[PDB]
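Chain letters correspond, in order, to the sequence lines: A, then B, then on. Quick note: numbers on chain A are straight from the PDB entry, i.e. 2-302, in order. Chain B is numbered as in the PDB entry; shown residues: 2-276, 279-302, in order. For the numbers below, each heavy atom of this structure counts, side chains included, while hydrogens, waters and symmetry mates do not. Whatever order the structure lists them in is the order used to number ligands and atoms, beginning at 1.
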Amino acid sequence: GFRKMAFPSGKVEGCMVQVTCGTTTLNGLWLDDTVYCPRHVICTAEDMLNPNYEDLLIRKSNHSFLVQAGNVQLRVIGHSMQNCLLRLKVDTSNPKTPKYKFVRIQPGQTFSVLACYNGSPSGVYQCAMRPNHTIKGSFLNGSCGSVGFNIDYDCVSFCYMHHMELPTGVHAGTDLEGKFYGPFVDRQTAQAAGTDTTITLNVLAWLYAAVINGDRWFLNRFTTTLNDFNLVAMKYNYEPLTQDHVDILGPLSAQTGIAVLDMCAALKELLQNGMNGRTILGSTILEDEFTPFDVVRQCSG
Amino acid sequence: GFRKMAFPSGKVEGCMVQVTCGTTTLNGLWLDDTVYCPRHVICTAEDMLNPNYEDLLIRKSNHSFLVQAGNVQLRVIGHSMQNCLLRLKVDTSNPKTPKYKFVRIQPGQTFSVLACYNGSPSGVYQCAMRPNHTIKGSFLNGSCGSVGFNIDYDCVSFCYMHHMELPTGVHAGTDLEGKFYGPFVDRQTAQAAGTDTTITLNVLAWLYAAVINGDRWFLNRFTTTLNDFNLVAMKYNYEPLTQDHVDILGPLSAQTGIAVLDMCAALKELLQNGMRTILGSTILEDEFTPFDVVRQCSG
Ligand SMILES: *[C@@](O)(CO)[C@H](C[C@@H]1CCNC1=O)NC(=O)[C@H](CC(C)C)NC(=O)c1cc2c(OC)cccc2[nH]1
Ligand SMILES: *[C@@](O)(CO)[C@H](C[C@@H]1CCNC1=O)NC(=O)[C@H](CC(C)C)NC(=O)c1cc2c(OC)cccc2[nH]1
């Protein structure tokens, strides 16, 4: 079969802690002797409308922060601001720290989210970095500080820390350097994102995954040039496909025997005609949150 | 919006091992000093076509089993078969054993699956046990012995151990007592599942989830008996509701003030007259249980 699959979250669960400053509590990520968390933990409800973060942070001391790993309190021995995050130095190192890296994910790429509440892991799901730099996640009150990550041979690449839910229900956050993805700001305001687009490379990978798993009703005897495909794709708010993206689909094309441009012609027909009550891999819409890597990993190992 | 979400898998990852007999390898579950795994690990590829498990197990000794946590071997000191599983006693009690229970889930219930290969966890996803006793999973060669589970208050309830991929691409397995879900058997044969039906309980949970989010156009001024609903639902390939299903809907019914039977009358009208959108599609979702809805609406 074919399902949306997240990385096993164990390596990340062992890093989640709770951070409290006054009456504000959120999640933190404890790696070696540092705890990372969103900086708005230092704000009161009144500060959040227009916070002068450097001004608010200089008024805090080490004992202002209560850090808890389960029932155990970790003593904060230093603090510094890391863009929209705080870096809290603690007096003990996390023995459960995996091999890790901090990466800045690009639009179209996917990652797993470990949703946490009060320092306790609660759920794990897969998300994609949207072209408009939001993520379509599922986060409730207390989820700030939850992280997004990928795993490669026991190394955890952390790429996202959660901060905000927009009025439309989509989400905004930062990388682990504290830099927001997109034009968002950590202030208590209603913020709109730019117009989103469909991740074309991922839709094509998902159509290849459908062929690999028996679904091929949408295929046709036609072909298209890359430019003619891109003209139709842009008309429907889909990202243009570059020659680099065609090359990425090489392995999936060689596996199914379907040329990349032949799959583009099938997608062009789907965009123009529609699905007309039919389904692809159980879905009634074109799915764009599976990368070619996600498809290859799930079908081949 | 709603999405499939799995439980954090760490407590289960700490229990995954690999079990090998000859060149046949699969996954096992290590809890305290016992390792549970599919009994077909004792078969060569040719033995699987028509195996006599009792006879095949007589010639296996404790020294025949290679159990590994990573590349660390755990010595087997006892073995027994329990239905379609093997229970191997090992010389080491797993320090990472969470608080746990073994449960046999009912059709319609959801659970997380930790797909494993060679004892190494690879991915996690949420599955629903279909009324035909299959799951629409994603499994490759080497996935046998992967487990399904739910976590409630740091207690892991194990409910599924993977054994087979049917010719239609759906999957079959057993509970942690080795009893298959459905009429399947552990042999290398093409087996067919019965025709599947829609999980009525979960469609009702999805309607309550829509009401919780302010989408309530489909509610009507009538009610139905459970029997009248069951008779109409079966004409639409929907499962009949049981007293347990009505009980499970208790919290959602109290939260919205919609009696379960009043919601069945709304669903009955949707079935007989069609659909407009709900949350906000024309297709009703049947893989989110009443617990899944509460978990994503209330937190
Ligand atoms: C964090 O848990 C707070 O620590 C929280 C997570 C969201 C709550 C619900 N779902 C979530 O994803 N984030 C916030 O509450 C942030 C805090 C900022 C960065 C200081 N704020 C918002 O997400 C936010 C504020 C407003 C708003 O105002 C006025 C109006 C409309 C939307 C909105 N979202
Ligand atoms: C286990 O990993 C074996 O240890 C394996 C898992 C499947 C392989 C691929 N995807 C999976 O989910 N299970 C099997 O290979 C089982 C072994 C049995 C229980 C002894 N066999 C099947 O799943 C199986 C056999 C046949 C078949 O024959 C002939 C014909 C059609 C389908 C089919 N499935």
Participant: Hey, which chain has the most contacts with ligand 1 here? Just the name UniProt gives it.
Facilitator: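 Main partner, per contacts: 3C-like proteinase nsp5.
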Participant: Looking at ligand 1, what drug do you see?
Facilitator: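 The PDB calls it PF-00835231 (bound form).
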Participant: I'm mapping contacts for PF-00835231 (bound form, ligand 1). Which other chains have a heavy atom under 4.0 Å?
Facilitator: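 Those reaching under 4.0 Å with a heavy atom: A.
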Participant: Any other ligand or ion under 4.0 Å from PF-00835231 (bound form, ligand 1)?
Facilitator: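 I find none.
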Participant: What is the closest UniProt-listed active-site residue in chain A relative to PF-00835231 (bound form, ligand 1), with its shortest non-hydrogen distance rounded to 1 Å?
Facilitator: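 Rounded to 1 Å on heavy atoms, the nearest UniProt active-site residue is A:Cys145, 2 Å.
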Participant: For atom 26 (C) of PF-00835231 (bound form, ligand 1), grab the closest protein heavy atom and report residue, atom and distance to one decimal in Å.
Facilitator: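 For this ligand atom, the closest protein heavy atom is A:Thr190 O, 3.6 Å.
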Participant: Looking only at protein heavy atoms, identify the closest one to atom 3 (C) of PF-00835231 (bound form, ligand 1) and say how far it is in Å.
Facilitator: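 It is A:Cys145 SG, 2.8 Å.
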Participant: Provide, to 0.1 Å, the distance between atom 19 (C) of PF-00835231 (bound form, ligand 1) and the closest protein heavy atom, together with that atom's residue and name.
Facilitator: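 The protein heavy atom lying closest is A:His164 O, 3.6 Å.
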Participant: Give the UniProt domain of chain A containing most of the residues in contact with PF-00835231 (bound form, ligand 1).
Facilitator: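 It's the UniProt domain Peptidase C30.
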Participant: Given A:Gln192, A:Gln189, A:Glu166, which one has a non-hydrogen atom that is nearest to atom 15 (O) of PF-00835231 (bound form, ligand 1)?
Facilitator: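 It is A:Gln189 whose heavy atom sits nearest to atom 15 (O) of PF-00835231 (bound form, ligand 1).
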Participant: Hey, looking at atom 12 (O) of PF-00835231 (bound form, ligand 1), which of A:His41, A:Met165, A:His163 has the closest heavy atom?
Facilitator: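 Among A:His41, A:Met165, A:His163, the closest heavy atom to atom 12 (O) of PF-00835231 (bound form, ligand 1) belongs to A:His163.
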Participant: According to the entry, what is the source organism of chain A?
Facilitator: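 For chain A, the PDB records Human SARS coronavirus.
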Participant: Just go through A:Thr169, A:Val42, A:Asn142 and tell me whose heavy atom is the nearest to atom 9 (C) of PF-00835231 (bound form, ligand 1).
Facilitator: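 Closest candidate by heavy-atom distance is A:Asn142.
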Participant: Geometry only, no angles: is A:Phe140 polar-contacting PF-00835231 (bound form, ligand 1) at N/O separations under 3.5 Å?
Facilitator: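 By distance alone, the answer is yes.
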Participant: As deposited, does any covalent linkage tie PF-00835231 (bound form, ligand 1) to a residue, and which atom would that be?
Facilitator: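 In the model, the covalent bond from PF-00835231 (bound form, ligand 1) is to A:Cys145 SG.
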Participant: Which residues count as the binding site of PF-00835231 (bound form, ligand 1) under a heavy-atom cut-off of 4.0 Å?
Facilitator: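 Heavy atoms under 4.0 Å: A:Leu27, A:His41, A:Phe140, A:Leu141, A:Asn142, A:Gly143, A:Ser144, A:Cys145, A:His163, A:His164, A:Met165, A:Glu166, A:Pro168, A:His172, A:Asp187, A:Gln189, A:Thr190, A:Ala191.
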